[PDB]
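As structure tokens, the structure follows; a few thoughts come after it.
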Amino acid sequence: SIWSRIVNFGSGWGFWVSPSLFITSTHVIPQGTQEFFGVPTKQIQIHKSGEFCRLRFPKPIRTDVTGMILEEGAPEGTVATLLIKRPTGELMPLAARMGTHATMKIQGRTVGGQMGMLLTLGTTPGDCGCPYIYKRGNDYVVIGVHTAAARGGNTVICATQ
Ligand SMILES: *[C@@H](CC(=O)OCC)[C@H](C[C@@H]1CCNC1=O)NC(=O)[C@@H](CC(=O)[C@@H](NC(=O)c1cc(C)on1)C(C)C)Cc1ccc(F)cc1
């Protein structure tokens, strides 16, 4: 049911935080489109924090979902889950131990986020946009969306804010 919140968006993915709140990666948003989920973009309030992109819709799109907690990353050392959906449909939950929160230089662009290390295949280019989630007590907490990963190593970057 939490997987039903990850949706094909552009060249990547997006996650329904609330009935009205879609989050995704800036690199993934289609730039030639004038409506998202049937709502015209003129009526959609889009806020960008580097690679973390937040789309607030005028009217709730997903009646069925409950709102989730959104926070700027997780505490250093938290083992989050990277809910990767694949274009084939397969679901790849990945464990990532999150680390330093920082503003990073990724390919000349400035990016706020949190680095993480995948624990024990890996991530690929279709995967930008998928959410990082960890359970805190009884509530799930979404902390960011996948934006990058080191060519050499396990490092994954989770765009935040
Ligand atoms: C997802 C988006 C995509 O395909 O867009 C094309 C622009 C893709 C996912 C990664 C590719 C391989 N595995 C992935 O998880 N993201 C990107 O291609 C971003 C670039 C990278 O991932 C590079 N990584 C780094 O530069 C890097 C830096 C650090 C600390 O760790 N890795 C490649 C080595 C893959 C696109 C991007 C995002 C944000 C930016 F500011 C610039 C560029």
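Each residue takes its place number in the sequence, starting with 1. In listed order, ligands and their atoms are each counted from 1.
By contact count, the main macromolecule holding ligand 1 here is known in the PDB entry as Genome polyprotein. The compound at ligand 1, a drug or drug candidate, is named rupintrivir (bound form). For chain A, the entry records the source organism Norovirus.
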